[PDB]
Amino acid sequence: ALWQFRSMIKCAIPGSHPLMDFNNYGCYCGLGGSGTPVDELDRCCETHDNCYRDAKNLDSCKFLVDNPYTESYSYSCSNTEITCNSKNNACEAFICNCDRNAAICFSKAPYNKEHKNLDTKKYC
Ligand SMILES: COc1ccc2cc3[n+](cc2c1OC)CCc1cc2c(cc1-3)OCO2
Ligand SMILES: [Ca+2]
Ligand SMILES: [Ca+2]
């Protein structure tokens, strides 16, 4: 679920404020997306969007109000490491893995200040 993704990010990047740092970044970090990501971080965001689009295209999973962000799973944080709980159901595990891969991706991508609040209508 959305709150857990924010906290997965804090797990992976202890000095981060997820909503301030990664929301409305580039062309994909934020609601929807368009065009081509502008850097690796932005590209982590598109892959996450894409990862969410695949979960919805799973016939077995009917997410509340069709949003995978509503679906809570179980995970833990230790010393920078995210672990998605094996007891998560197949749909919760898919979402957990979207969020974890994204938090791990964010932690490794260069953060370019200039791509925060990008002019998307122009550059995306
Ligand atoms: C579901 O309604 C909401 C509610 C909140 C939302 C807030 C975020 N997104 C859409 C939202 C949304 O739309 C689906 C998409 C991506 C994203 C990445 C982030 C983040 C927040 C969000 O902070 C950490 O990096
Ligand atoms: Ca997005
Ligand atoms: Ca759940």
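Following the PDB entry, chain A residues are numbered 1-124, in order. Whatever order the structure lists them in is the order used to number ligands and atoms, beginning at 1.
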> Which drug among oxycodone, vonoprazan, niraparib, berberine, zolpidem occupies the position at ligand 1?
Replying inline: berberine
>> So, counting contacts under 4.5 Å, which chain has the most with berberine? Name it the way UniProt does.
In response: Phospholipase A2, major isoenzyme
> Among protein heavy atoms, which lies nearest atom 4 (C) of berberine, and at what distance?
Replying inline: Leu2 CD2, 3.8 Å
>> With a cutoff of 4.0 Å, is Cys29 in contact with berberine, counting heavy atoms of the residue only?
In response: no
>> Quick sanity check - which UniProt Ca(2+)-binding residues of chain A lie within 4.0 Å of berberine on heavy atoms?
In response: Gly30
> Among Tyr28, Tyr52, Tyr69, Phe22, which residue places a heavy atom closest to atom 17 (C) of berberine?
Replying inline: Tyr69
>> Which residue and atom name correspond to the protein heavy atom nearest atom 22 (C) of berberine, and how close is it?
In response: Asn23 ND2, 3.4 Å
> Which residues would you count as binding berberine, with heavy atoms within 4.0 Å?
Replying inline: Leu2, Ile9, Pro18, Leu19, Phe22, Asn23, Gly30, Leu31, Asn67, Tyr69
